[PDB]
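Model: Anionic trypsin-2 / ligand aprotinin.
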Amino acid sequence: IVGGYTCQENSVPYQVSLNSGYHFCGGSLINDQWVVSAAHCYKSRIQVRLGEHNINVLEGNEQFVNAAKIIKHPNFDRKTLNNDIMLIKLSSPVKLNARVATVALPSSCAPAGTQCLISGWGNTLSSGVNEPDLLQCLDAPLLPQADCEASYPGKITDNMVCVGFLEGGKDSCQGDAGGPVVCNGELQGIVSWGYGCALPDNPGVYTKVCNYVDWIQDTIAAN
Amino acid sequence: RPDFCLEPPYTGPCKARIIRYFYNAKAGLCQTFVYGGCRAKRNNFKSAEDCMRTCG
Ligand SMILES: [Ca+2]
């Protein structure tokens, strides 16, 4: 997260870290046994870390659980990034508390202009590298589809939405993928891609979660 | 050596944080960089050995 602020400890209880030796992606807990992330975050072996604040220090509130099943959307495209969404079933249900909680799936697609919250442990600089110990937060609005398409000519599909600022300065970055974009208490987006980070005329592009609610529910009920 | 070995490391548009190896012509050795997770270029290796063999 570039241009954000350190989240209040445990104010984002649904945020999880995907770890395979080191933190490589984020995710969101949607129920006691399932996590939603980005398909490009796929790894054969993944450990999910919940209740995290400082990713590099054992705090005592964390729960470490291995992924039992990893399911990518069957129509995910590695080149266009269309349908960049993935479900992870945990080996065992996690204990829900004040530090570990679920986020609700969208009731409908949120309109452009809706203020949202983006979070993650990704890079904090547009030029250079600075990985934070503490979870970062960013308040940003859903952008009109027209501006998204104008920023990324011919690269935006109906399953994507831009979130951020056309002037740049604030944006998600490497290490934030798979992370949540929460608006009014609902998961409306998943950190996916963009050209660089926080650059003018290139806001981050996110997976539009409202188009996958049925696929998510049907997949969970079948596995 | 191959031309792609002289190209700078390409992070790509994806936002994952994946450590990969690339040949640093300037230093004449393979080092690590952060790969985004998609649309990798050829000067991107999963191991130092593969990097040295291909671009050494
Ligand atoms: Ca910790």
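The sequence lines fix the lettering, A, B, ..., with proteins before strands; numbering per chain opens at 1. Scope of the values below: all heavy atoms of this structure, side chains included, with no hydrogens, waters or symmetry mates.
Tracing aprotinin through the model gives chain B. Heavy atoms under 4.5 Å from aprotinin belong to A/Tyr22, A/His23, A/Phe24, A/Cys25, A/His40, A/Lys43, A/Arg78, A/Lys79, A/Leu81, A/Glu131, A/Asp171, A/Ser172, A/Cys173, A/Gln174, A/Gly175, A/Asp176, A/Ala177, A/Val191, A/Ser192, A/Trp193, A/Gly194, A/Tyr195, A/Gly196, A/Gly204. Listed by chain and number, residues of aprotinin with a heavy atom within 4.5 Å of chain A are B/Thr11, B/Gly12, B/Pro13, B/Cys14, B/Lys15, B/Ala16, B/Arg17, B/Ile18, B/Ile19, B/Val34, B/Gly36, B/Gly37, B/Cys38, B/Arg39.
In chain A, most residues contacting aprotinin belong to UniProt domain Peptidase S1. The entry's source annotation for chain A reads Rattus norvegicus.
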